[PDB]
Colleague: 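Pasting a structure here, questions to come.
Chain A corresponds to the first sequence line; subsequent lines are lettered B, C, and so forth. Chain A uses the PDB entry numbers throughout; the residues present, in order, are 27-46, 49-367. In chain B, numbers come from the PDB entry; the residues present are 27-46, 49-367, in order. Below, all heavy atoms of this structure are taken into account, side chains as well, without hydrogens, waters or symmetry copies. Start at 1 and go down the list; that is how both ligands and their atoms are numbered.
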There are 2 protein chains.
Amino acid sequence: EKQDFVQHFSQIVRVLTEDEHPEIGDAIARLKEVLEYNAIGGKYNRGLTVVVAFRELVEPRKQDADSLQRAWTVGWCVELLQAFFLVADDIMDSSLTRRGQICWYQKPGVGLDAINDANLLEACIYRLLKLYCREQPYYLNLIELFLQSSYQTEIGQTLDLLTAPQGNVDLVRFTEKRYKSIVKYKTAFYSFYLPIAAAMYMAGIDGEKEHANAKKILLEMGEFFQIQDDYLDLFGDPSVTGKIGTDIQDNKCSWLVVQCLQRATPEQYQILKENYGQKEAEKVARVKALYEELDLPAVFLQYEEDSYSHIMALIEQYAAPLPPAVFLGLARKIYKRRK
Amino acid sequence: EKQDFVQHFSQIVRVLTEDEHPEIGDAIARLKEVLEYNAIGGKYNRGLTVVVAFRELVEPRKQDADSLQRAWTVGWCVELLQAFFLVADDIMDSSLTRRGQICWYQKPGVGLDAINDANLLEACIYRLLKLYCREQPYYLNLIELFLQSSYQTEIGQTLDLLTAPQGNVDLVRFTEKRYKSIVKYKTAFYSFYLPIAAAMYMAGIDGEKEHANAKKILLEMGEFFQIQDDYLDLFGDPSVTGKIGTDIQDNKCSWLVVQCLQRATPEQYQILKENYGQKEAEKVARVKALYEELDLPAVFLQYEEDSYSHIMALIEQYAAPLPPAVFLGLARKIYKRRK
Ligand SMILES: O=P(O)(O)C(O)(Cn1ccnc1)P(=O)(O)O
Ligand SMILES: O=P(O)(O)C(O)(Cn1ccnc1)P(=O)(O)O
Ligand SMILES: C=C(C)CCOP(=O)(O)OP(=O)(O)O
Ligand SMILES: C=C(C)CCOP(=O)(O)OP(=O)(O)O
Ligand SMILES: [Mg+2]
Ligand SMILES: [Mg+2]
Ligand SMILES: [Mg+2]
Ligand SMILES: [Mg+2]
Ligand SMILES: [Mg+2]
Ligand SMILES: [Mg+2]
């Protein structure tokens, strides 16, 4: 599956490049370079979800070459939405590596020009949708869906950054209630809801109950995925995950610190206060010792088992009339992941 | 005109704020703050152009309250597109002030979080269009128009930044041919074409000849406007323009350097080579002395007279069947501007 999906990328590149106006040639070469560094190297769960789900929702005799091509292309549109966000995210989080190579903005010669690079990747979504789905009854649905997903994710990031000021203590806002909102908005909508929802619209499924039902399962699945992400920031292998963690030094409202705070003694509270949110490596080292000392890896492994069971109960409840396989495929893909 | 337009801004703010989900309250407060700092303080030529042109194209008996409200709102959508771009632009150009206050990203407490702030402003466009024009026959036209304008402007910025590497000499690419492309894409489409084109679509004017004709006049008018902008970077009053210039130190392909290069002796060429594109204040001072020594202020004042006459000749040719007043209003607004 992955190999077929991933191999469509050069057609994606070729169409967006074929826009040679030989005056903008140099900016089009620059965009090619940006697509290849930034869109390649991840898992492709989002883009493959668009494709798998489409096949599962459309009768095979209606899966002609042109409509499967549209499915691949909308999958790559979710991959570009992702790239757009990660490139910007890496800048704002002072990150070092992404997908096992240095973050694009750290490339000598690139710098904060990557800000325009990220906006350019976002624009490619709508060019792709124009070029392949313009004459489709779902065209506007997809456009409004991508735009709403972008907005939601920018709201969430806004709350991610607010709650994590450089230079200021902020343990008072690290609550479960707060964590849930941030992750709903910054991750769950675009990573889980958007890809399945894209495929539904392409299969002709636009009912509000049907979309709201898919949303019940998929938002929960997004919360879970971000929680895993927060655990891997501190406790994952950067050669495996492809990325160096920064949450503690960026003062972030990570699942870990939330859980630390509800378990911590007043003296433990103080350790976190003196040590969290700062670049000093020995202060980070202390926070991690507090985490390991409170058995948060075990706390997480139990949360991961329970959350998973609740997700499977939501599928039993809300999957119909869609095949459970649609959601089971994704769930089983992200469960117990170390990457 | 301006006062009525500018006074609609709190309804704009109130609708985008009314999205209180009291969980995202803090990100919505943050967005309000971002609208006020970044959308206010300029000339409003773009947003007022949407409004003036709409009134001039729609029979008065059809200018009801709801449709004028839609016109104001689409005008503010062009103002937000502008804000989005300037905030990002100021970061990538290492600028200090904007509209007579420090650039948003230089505000203590803000920093590169302004990258998400800019994306959030862009998203507001599409929320506004959804909220006010969803049930209008021009809705998709406006959406595709805003998205295409964004893409064009990102292509141009891409070429602006490429041609202006930090650390590297690049006088060999500072050609008229190159300058024209960069400014077509980075300025002319969104600042001139987009606002009039928005108003046409809202008046029911979607013919391709009619849009292409408006484009002939308006792109030329955009080139002219960027040329003025480049002159004011070096030769304008920062208390008037509201912004400190950075072109020479950012190594930019400004109208001035292009014109310098076609007039320069080989020894003058060398002065520019040793001095252009660097932060050192005495090197910038030398470049400006080379400019004044070649009479480029006078070269510009003559270009400004000639270009203007050619623009007025294009209006005579291509304005019909639209009123010439539509384009004359804009032209006369930007001509001989010191701000
Ligand atoms: O931890 P984050 O929220 O920043 C992250 O997961 C990215 N992201 C961005 C939006 N939602 C998630 P990453 O760890 O890749 O840096
Ligand atoms: O000179 P620039 O192109 O950067 C500028 O005009 C902004 N801009 C951005 C896109 N087109 C123009 P500003 O002088 O405001 O910094
Ligand atoms: C939302 C989060 C946690 C950001 C990373 O998403 P992935 O972990 O799916 O990253 P890639 O496969 O796209 O590299
Ligand atoms: C395209 C350019 C030259 C950037 C600034 O546009 P304006 O000079 O119209 O700035 P504001 O009135 O929006 O402040
Ligand atoms: Mg982040
Ligand atoms: Mg991050
Ligand atoms: Mg993370
Ligand atoms: Mg610039
Ligand atoms: Mg600039
Ligand atoms: Mg300028």
Colleague: At ligand 1, which drug or drug candidate appears?
Modeller: zoledronic acid
Colleague: In this deposited structure, which macromolecule lies in greatest contact with zoledronic acid (ligand 1), as labelled in UniProt?
Modeller: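 Most heavy-atom pairs belong to Farnesyl pyrophosphate synthase.
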Colleague: By chain letter, what other chains have any heavy atom closer than 4.0 Å to zoledronic acid (ligand 1)?
Modeller: A
Colleague: Under a heavy-atom criterion of less than 4.0 Å, does A/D261 contact zoledronic acid (ligand 1)?
Modeller: no
Colleague: Backbone, side chain, both or neither: what part of A/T181 comes under 4.0 angstrom of zoledronic acid (ligand 1), heavy atoms only?
Modeller: neither
Colleague: Would you say A/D118 has any N or O atom under 3.5 Å from an N or O of zoledronic acid (ligand 1), going by distance alone?
Modeller: no
Colleague: When only distance counts, is A/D258 in polar contact with zoledronic acid (ligand 1), meaning an N/O pair under 3.5 Å?
Modeller: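 Checking zoledronic acid (ligand 1) against A/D258, no N or O pair falls under 3.5 Å apart.
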Colleague: Taking the residues UniProt annotates as binding Mg(2+) in chain A, which ones lie under 4.0 Å from zoledronic acid (ligand 1), judged by heavy atoms?
Modeller: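 Per UniProt, the ones with a heavy atom under 4.0 Å: A/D117, A/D121.
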Colleague: Mind checking whether A/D188 has a heavy atom under 4.0 Å from zoledronic acid (ligand 1)?
Modeller: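 Contact check A/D188 vs zoledronic acid (ligand 1): negative.
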Colleague: Looking at A/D121, which atoms of zoledronic acid (ligand 1) are within less than 4.0 Å of one of its heavy atoms?
Modeller: 4 (O)
Colleague: Could you tell me the residue and atom name of the protein heavy atom closest to atom 6 (O) of zoledronic acid (ligand 1), and the distance to it rounded to 0.1 Å?
Modeller: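 Of every protein heavy atom, A/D257 OD2, 2.8 Å lies nearest to atom 6 (O) of zoledronic acid (ligand 1).
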Colleague: Between A/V211, A/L114, A/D117, flag the one that comes closest to atom 16 (O) of zoledronic acid (ligand 1) by a heavy atom.
Modeller: A/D117
Colleague: Which UniProt dimethylallyl diphosphate-binding residues of chain A, if any, have a heavy atom under 4.0 Å from zoledronic acid (ligand 1)?
Modeller: A/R126, A/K214, A/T215, A/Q254, A/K271
Colleague: Who's the nearest protein heavy-atom neighbour of atom 3 (O) of zoledronic acid (ligand 1), and how far?
Modeller: A/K214 NZ, 2.9 Å
Colleague: When you measure from atom 12 (C) of zoledronic acid (ligand 1) to every protein heavy atom, which one gives the shortest distance, and what is it?
Modeller: A/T215 OG1, 3.3 Å
Colleague: Can A/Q185 be said to touch zoledronic acid (ligand 1), with heavy atoms closer than 4.0 Å?
Modeller: yes
Colleague: Side chain, backbone, both or neither: which applies to A/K271 and zoledronic acid (ligand 1) if a contact is any heavy-atom pair less than 4.0 Å apart?
Modeller: side chain
Colleague: Which residues would you count as binding zoledronic acid (ligand 1), with heavy atoms within 4.0 Å?
Modeller: A/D117, A/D121, A/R126, A/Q185, A/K214, A/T215, A/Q254, A/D257, A/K271
Colleague: Contacts table for zoledronic acid (ligand 1): protein N or O within a distance under 3.5 Å of ligand N or O, distances only.
Modeller:
unit_1	atom_1	unit_2	atom_2	d
zoledronic acid (ligand 1)	1 (O)	A/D257	OD2	3.1
zoledronic acid (ligand 1)	3 (O)	A/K214	NZ	2.9
zoledronic acid (ligand 1)	4 (O)	A/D117	OD1	3.2
zoledronic acid (ligand 1)	4 (O)	A/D117	OD2	3.0
zoledronic acid (ligand 1)	4 (O)	A/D121	OD2	3.3
zoledronic acid (ligand 1)	6 (O)	A/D257	OD2	2.8
zoledronic acid (ligand 1)	11 (N)	A/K214	O	3.0
zoledronic acid (ligand 1)	11 (N)	A/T215	OG1	2.8
zoledronic acid (ligand 1)	14 (O)	A/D257	OD1	3.4
zoledronic acid (ligand 1)	14 (O)	A/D257	OD2	3.2
zoledronic acid (ligand 1)	14 (O)	A/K271	NZ	2.9
zoledronic acid (ligand 1)	15 (O)	A/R126	NH1	2.8
zoledronic acid (ligand 1)	15 (O)	A/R126	NH2	2.8
zoledronic acid (ligand 1)	15 (O)	A/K271	NZ	3.0
zoledronic acid (ligand 1)	16 (O)	A/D117	OD2	2.8
zoledronic acid (ligand 1)	16 (O)	A/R126	NH2	3.3

